[PDB]
Amino acid sequence: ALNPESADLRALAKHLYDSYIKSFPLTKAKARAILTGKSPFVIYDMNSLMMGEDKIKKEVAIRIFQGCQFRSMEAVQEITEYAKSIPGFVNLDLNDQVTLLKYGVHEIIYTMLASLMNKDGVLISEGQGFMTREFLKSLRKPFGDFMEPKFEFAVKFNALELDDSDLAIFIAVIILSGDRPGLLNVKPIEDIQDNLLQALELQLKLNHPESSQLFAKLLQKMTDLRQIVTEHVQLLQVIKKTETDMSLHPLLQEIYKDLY
Amino acid sequence: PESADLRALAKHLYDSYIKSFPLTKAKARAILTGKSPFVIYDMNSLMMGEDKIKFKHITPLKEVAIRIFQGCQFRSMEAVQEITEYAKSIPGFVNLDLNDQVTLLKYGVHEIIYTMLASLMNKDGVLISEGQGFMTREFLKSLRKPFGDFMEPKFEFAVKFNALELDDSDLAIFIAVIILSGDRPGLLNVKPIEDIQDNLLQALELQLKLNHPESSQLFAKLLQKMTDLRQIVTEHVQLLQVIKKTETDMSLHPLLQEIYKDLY
Ligand SMILES: Cc1oc(-c2ccccc2)nc1CCOc1ccc(C[C@H](Nc2ccccc2C(=O)c2ccccc2)C(=O)O)cc1
């Protein structure tokens, strides 16, 4: 049964889920309800892309690219606000706070993007729209190659059948990674992650009692996220050099500076 | 009962680990602490170090860096067969689809090699030639062109990895976990693999709780290290592509080119 130590871990899991709901406006729970049948407008081609711009709201390979960078900056702001709620984070060296965010945000972005994905497409614009995976992979130049790695990860990640209360702790574990390059004081970070890892283990045991070694299987997914990011950074360098008229927003540019 | 089988699995893998890998971490540790090894710290000590068995573990008919690289390839070829033997001792492995056995080894051996290489490293150097020698980290970093950043990423990993203070009994299970990875490309029947890895993970968790009762969340921390290994390995493959392209010897014996078809 529960015991003073495991009780403290339940309170932490409760606090993190709470802050997650407050920081992220589109939960997995809402995303799943939308995807499994309010209904979204579906963008699968050129004309439907124009019908949708009116219903929800090449220059088109560029309009999708910049929809995805505007999106990703919103997520960084949400993640940064969530990070403040992880007990101990705001007390860390401000420079290590920046480093942990710089290296953590994209691994979290792709974790949470999976919540909005099924094998056929991804929800957009707060779930008012749904853009098909075939439409995205049909884009020209390198733009058709960007979103396919994410779908591949999402389909396998989603088979773990995690809910928002599990993910709230998992993304906190991600942020508080002591191996990040350039961290000045690793021990206080590792102490916090030790506590989050304990909280996640108990959460998964209680929330998925029939799911053997879910904890370990989830931790192994950090390998797939790390590879998605480095693959993405490389594609962005290509876009930069081939499309000298396109703009990368200073926030994402600074996150990617001297990353790996 | 279930714990009994998990302890029997751990003991079985340990026993098989001892039989397949001659230089254990325990033995390497003792050497690295205190028959002292011949130390190779510069060009002259390397030349004098024919105890590195370079005429044997390399072909006659070259510059230092190339010859060292060829020596590491010979060592990796040896390790691949030790790892292969060990894999066949893992319960369930040989009963897998034979194509899947080949795929698991092909994509697993680089991860295993650099995990076990850490057993032979401290922050200042690495044991070589069955632990009879010791090549310093500074010397390797001093090699020209692409060869100077061959080993340094592995040292960085080994320093982090060794702070976990695993022993051979722990490492035996960990290595089996790596081999039974169901996400390797081209696998034909993922289910039995993930079922076996599930069992190995359970055995690893119990082993670490009994062997390191005071070390909080060591299981989780060890699993997170697989993220670093994978980045170590991808980086390493790209460097071999720069070497294969730029340091080609067109006089190289064609059979030696078939023997080293895969570079490690
Ligand atoms: C797939 C999609 O589309 C829309 C959308 C399109 C038009 C209008 C409104 C929305 N929302 C979503 C879901 C968000 O899906 C996301 C996908 C990726 C990211 C990470 C972000 N990538 C970019 C950062 C800058 C510019 C482009 C990208 C890309 O990821 C990209 C995507 C396709 C082609 C080329 C590049 C990064 O910084 O790493 C965030 C959200």
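Proteins get letters first, then strands, A, B, ... in listed order; numbering begins at 1 in each. Counting convention: from 1, in listed order, for ligands and their atoms alike.
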Exercise. Looking at ligand 1, what drug do we find there?
Worked result: farglitazar
For this session: Determine the main partner chain of farglitazar (ligand 1) by heavy-atom contacts and give the name UniProt assigns.
Result: Peroxisome proliferator-activated receptor gamma
Exercise. Going by heavy atoms only, which other chains approach farglitazar (ligand 1) to less than 4.0 Å?
Worked result: A
For this session: Indicate yes or no: does an N/O atom of A/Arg71 lie under 3.5 Å from an N/O atom of farglitazar (ligand 1)?
Result: no
Exercise. Which atoms of farglitazar (ligand 1) sit under 4.0 Å from any heavy atom of A/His106?
Worked result: 37 (C), 38 (O), 39 (O)
Problem set entry | farglitazar (ligand 1) to A/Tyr256 polar contact by distance, N or O atoms, under 3.5 Å | yes
Exercise. Which UniProt domain in chain A is home to most of the residues around farglitazar (ligand 1)?
Worked result: NR LBD
Exercise. From which organism is chain A, by the entry?
Worked result: Homo sapiens
Exercise. Any N/O of A/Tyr110 closer than 3.5 Å to an N/O of farglitazar (ligand 1)?
Worked result: yes
